[PDB]
Each structure stands twice: as C-alpha cells, then as structure tokens.
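Co-structure: imatinib and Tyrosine-protein kinase SYK.
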Amino acid sequence: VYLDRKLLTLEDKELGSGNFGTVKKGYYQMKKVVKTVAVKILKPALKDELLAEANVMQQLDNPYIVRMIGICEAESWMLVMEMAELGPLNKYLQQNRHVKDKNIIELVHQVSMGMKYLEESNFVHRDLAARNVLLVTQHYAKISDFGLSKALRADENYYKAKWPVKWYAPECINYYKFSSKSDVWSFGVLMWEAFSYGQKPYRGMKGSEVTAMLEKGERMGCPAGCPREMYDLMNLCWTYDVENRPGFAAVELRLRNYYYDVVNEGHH
Ligand SMILES: Cc1ccc(NC(=O)c2ccc(CN3CCN(C)CC3)cc2)cc1Nc1nccc(-c2cccnc2)n1
C-alpha cells in the first residue's frame, strides 16, 4: 500500500479541484518501468475518508475498475492511481459528438462488466455516474471514485445510511438502503447521460421534483438517436421495485448481446 514520496513526481498543473483537494498528473517509479499516475491530493475526517477509499480499492482487481497504486503521506495524504488519459466520460462525449452509438454501447457495456464484478465482490459504489467513468482510450472505460463505496455485511445485501439524488434509486431516498440494485438504478442514469453525450440528467429540475416525477412512474425520455434497445434497458434499470429490478449479471448480459448484434450489423 505505502509508496515512497521520492519515487513520485507531480506536475504543477492540476487536472481537477474541489473541497477535498486536487487531482494531479504525475509519475511513479515502478520496479522497472515509470508509470504515469493520477494523484488525489487532500486539502481529521478527510484523511479517514481517503484511507477508507484506499481500503476499498485495495480489494478490487478488474480491467474496468481504476487501479490504485498506493497511498503516500507527505505534504498531504495522497492516493495514487493509474491514469486514464482521456478523462471523465461525460466531458469526453460533450466534446466528441461524433462518437458513434456502437462505441457508446461498447463503453457502457464495459462499465456493466466492472459493475458485475463489483456486485460479485459485494461492494456498493453509491456514486455511479458518467462523471465517474474515466476513459483510458475512446474504446476503454474504467469506473472510478470509490469515496462513497461500502463493503456489504456478510449477512445483508444492502448498506443502510450531500447525496447525488438524481442518480439515486427511490429506496435510497425512502429507506436509506443502498445495494447493487440501487447501483443498477444509477447505471440506468449513467446510460442516459452517455447516450445524451454527457448532458446532465433531469435538466432544470430540483431533486425534490425528480423524486416526485419518479414516484408517479414518470421517466426521462429517449435521447435523440439512442437505440430503442438501450432506452428499454434504461427503463429496466429504473424499475421502482427492488426485487424485480435486474442485477448487474442480467444487465451485463443484455448489453453484451446487444453489442454483439451491433458488431454483426457493422460487418454486414
Ligand atoms: C485525465 C483526467 C482529466 C481530469 C480528471 N479530473 C478529475 O479527476 C476531476 C476531479 C474533481 C472534479 C470535481 N468537479 C469540479 C469541476 N466540475 C464542474 C465537475 C465536478 C471533476 C473532475 C481526471 C483525469 N484522469 C484520471 N485518471 C485516473 C484516475 C482519476 C481519478 C480522478 C478522481 C478520483 N479518482 C481517480 N482521474
């Protein structure tokens, strides 16, 4: 886990900023190769949050989840991760409107593979949104940002708790219950965002109006140009009943098969 500050070189320019601190690009000297890294650098509770985040990432190993290199206590506490050069998915798609539907399916399918793994691992992400999907290439997505994530108890399939309300399942709001199934609800919002080239969901609406809309069985409409199959999958993820909502094994299989259909169409 613990890295040597002398082997880490940080760039002056920042990639992002917020209340927690900053994200910077850097280099870490590995056993032989040098490795480009993204480094979350902290501004009592905050240290514990970062260390909890590191504890979760330590336990994960999947091609579609961002890898932690380790942590370092220097000028500030730092979390050192592999770099995804193209950055957050929503910003990428906003800037690259030529990205084709097939390519979007490919990316969201990769996210569903990472989330099928996270579900198998019994961790709940709790912040699954397009902003937290990072692109290694235009054809390779990874899930990031495990700051709100929780390891489920051996005897329960949910964690009982601001909140990113527009990505939250109704039971998260009504009962404070977070499960892989609530992450599936968030994944439906993520799909919507991706097929909307990074537009924010529920435009112009307050969180409380989104909760009212949802309780009435109402849902965002189909993004321009979005395949009906993918919109149907968003609706499936937005199943109000937790038991009937698909888990990620079912979601991933639907996407996998549709992606194969589109790959076939392309060959034709
Ligand atoms: C290549 C790149 C370009 C930009 C960013 N940006 C960010 O990490 C970031 C951080 C905070 C915010 C918060 N925020 C303020 C600005 N606005 C309006 C959006 C919300 C947004 C983006 C990351 C990367 N790459 C990258 N690669 C690997 C890992 C990470 C990474 C980022 C954050 C947490 N954990 C891992 N990040």
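What you see of chain A is 363-405, 411-528, 533-639, where the numbers are those given in the PDB entry. Basis for what follows: all heavy atoms, side chains included, without hydrogens, waters or symmetry-related copies. Note that ligands are numbered from 1 as they come in the structure, with each ligand's atoms numbered from 1 the same way.
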Region of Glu449 that comes within reach of imatinib [heavy atoms, distance under 4.0 Å]:
backbone
Quick check for my notes - source organism of chain A in the deposit?
Homo sapiens
Quick sanity check on imatinib: covalent bond to a chain or not, and to which residue and atom?
none
List every atom of imatinib that sits less than 4.0 Å from any heavy atom of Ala400, numbering the atoms from 1 in the order shown and giving each element.
26 (C), 27 (N), 28 (C), 29 (C), 30 (C), 37 (N)
Give the atoms of imatinib, by number and element, whose distance to some non-hydrogen atom of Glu452 is under 4.0 Å.
1 (C)
If we only count N/O pairs under 3.5 Å, is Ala451 in contact with imatinib?
yes
What is the nearest UniProt active-site residue of chain A to imatinib, and its minimum non-hydrogen atom distance to the nearest 1 Å?
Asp494, 9 Å
If you map the residues of chain A that touch imatinib onto UniProt domains, which domain comes out on top?
Protein kinase
Under 4.0 Å, counting heavy atoms only: does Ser379 come that close to any atom of imatinib?
yes
Which of these, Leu502, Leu446, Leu501, has its nearest heavy atom closest to atom 31 (C) of imatinib?
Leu501
If we only consider heavy atoms of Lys402, is any one of them less than 4.0 Å away from an atom in imatinib?
no
Which other-chain residues or nucleotides lie under 4.0 Å from imatinib, by heavy-atom distance only?
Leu377, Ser379, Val385, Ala400, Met448, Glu449, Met450, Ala451, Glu452, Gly454, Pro455, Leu501
